[PDB]
Amino acid sequence: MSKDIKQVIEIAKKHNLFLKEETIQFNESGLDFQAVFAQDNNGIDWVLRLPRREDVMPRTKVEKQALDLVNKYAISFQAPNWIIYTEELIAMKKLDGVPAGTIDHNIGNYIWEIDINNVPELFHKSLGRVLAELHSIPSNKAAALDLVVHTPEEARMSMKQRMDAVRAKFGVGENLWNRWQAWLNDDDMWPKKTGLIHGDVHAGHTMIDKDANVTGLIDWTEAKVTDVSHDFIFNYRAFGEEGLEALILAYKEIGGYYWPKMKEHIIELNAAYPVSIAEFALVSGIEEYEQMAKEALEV
Ligand SMILES: CC[C@H]1OC(=O)[C@H](C)[C@@H](O[C@H]2C[C@@](C)(OC)[C@@H](O)[C@H](C)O2)[C@H](C)[C@@H](O[C@@H]2O[C@H](C)C[C@H](N(C)C)[C@H]2O)[C@](C)(O)C[C@@H](C)C(=O)[C@H](C)[C@@H](O)[C@]1(C)O
Ligand SMILES: Nc1nc2c(ncn2[C@@H]2O[C@H](COP(=O)(O)OP(=O)(O)O)[C@@H](O)[C@H]2O)c(=O)[nH]1
Ligand SMILES: [Mg+2]
């Protein structure tokens, strides 16, 4: 670790970031980069990304564009701001608060910061406000966005195509497939509006204060303009129908896009969860996700 800590210090120093050596901690990271936490000489907490792959700029372009949008328009939540952004180092000040929960991959569930048997209503109220603000950001006003952008019709067709791709790469259980198709063909259930979404909203990416207000969102790699419903799935899976309704309520009442079958639609999107597991398996290539997909897909 001494080896790595000296390199971190050297790399940071090279970008005029001066760290307290004894605060440097390494996260268990993936195949794109190594996340490092450290405090600087001014007393400010930082998050560093040490790149593990080539072509950092092309691979981060979309995420940076999303961050640029959110930092430009949003006030109800913090998002990362890459003050240092090079092929050798990406660094940003740590957002306030702590993750609402962190995934333990052994048990296949969260280690919660909040009381899962008594979820504070402020979590839903604040996340509702946050998502409402995010999803109303006028991404159309940008001159050269490289984000995926769907009209409502395109969002529906995207799911249709993604599902076919999964029926054909993994094969899909008959019963599961037919529920999906019934969903796709229900014109009235589908949203008639899209917006800029985070795309990976879950407890590990929602920073909360001591009162469980969502004060920030991290990890914007999945940002795009599409069905807003993806940002509600976490609430349903973690908190059940009550948590989903609570989020929809707050969102609707502060001006978020709402339609009569929104809840039903999100529940159907949840039933399509296997599509995402299958895709991450295909992409990452990891057996657990493979089998997880295989089970989820009911093959
Ligand atoms: C409730 C408790 C469960 O959590 C959820 O269901 C939340 C709500 C999922 O998000 C939901 C909701 C949504 C929108 O993601 C936030 C959706 O995309 C995924 C498929 O399911 C999470 C986070 C998924 O992660 C995401 O998987 C994607 C394939 C890639 C994505 N990311 C790296 C790019 C990643 O974060 C995924 C697969 O469940 C993580 C693996 C480890 C699990 O199977 C773990 C054990 C979960 O079952 C869980 C903790 O028990
Ligand atoms: N508390 C806190 N943790 C962070 C912050 N930024 C990153 N992290 C942690 O570092 C981990 C990796 O960051 P992330 O951008 O999600 O990397 P990725 O999961 O590989 O895409 C996250 O799961 C967080 O636990 C932050 O601003 N505050
Ligand atoms: Mg992450």
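Chain A is numbered as in the PDB entry; the shown residues are, in order, 1-299. All values below come from the heavy atoms of this structure, side chains included, with hydrogens, waters and symmetry mates left out. In each ligand, atom 1 is the first atom listed, and ligand 1 is the first ligand listed. The deposited model was determined using X-ray crystallography, 1.6 Å.
Drug at ligand 1: erythromycin.
Per the PDB entry, the macromolecule making the most contacts with erythromycin (ligand 1) here is Macrolide 2'-phosphotransferase II.
The heavy-atom binding site of erythromycin (ligand 1) at 4.0 Å consists of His105, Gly108, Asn109, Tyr110, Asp200, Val201, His202, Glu222, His230, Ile233, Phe234, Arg237, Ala238, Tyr273, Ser276, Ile277, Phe280, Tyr289, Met292. Interface atoms of erythromycin (ligand 1) facing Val201, defined by a heavy-atom separation under 4.0 Å, are 16 (C). Which parts of erythromycin (ligand 1) touch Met292 is read off a 4.0 Å heavy-atom cut-off, strictly below it: atoms 44 (O). The shortest N or O to N or O distance between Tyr273 and erythromycin (ligand 1) is below 3.5 Å. Taking a cut-off of under 4.0 Å to the non-hydrogen atoms of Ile277, the atoms of erythromycin (ligand 1) that pass are 38 (C). At least one N or O atom of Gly108, backbone or side chain, sits closer than 3.5 Å to an N or O atom of erythromycin (ligand 1).
Within erythromycin (ligand 1), the atoms closer than 4.0 Å to a non-hydrogen atom of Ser276 are 20 (C), 29 (C), numbered from 1 in the order shown.
Erythromycin (ligand 1) has a nitrogen or oxygen under 3.5 angstrom from a nitrogen or oxygen of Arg237. Of the polar atoms of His105, none of the N or O atoms is found under 3.5 Å from an N or O of erythromycin (ligand 1), judged by distance alone. Near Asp200, meaning under 4.0 Å from one of its heavy atoms, erythromycin (ligand 1) places the atoms 15 (O), 16 (C), 31 (C), 32 (N), 33 (C), 34 (C), 35 (C), 36 (O). Taking every non-hydrogen atom of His230 and a distance limit under 4.0 Å, the qualifying atoms of erythromycin (ligand 1) come out as 14 (C).
Residue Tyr289 has at least one heavy-atom neighbour below 4.0 Å for each of these atoms of erythromycin (ligand 1): 42 (C).
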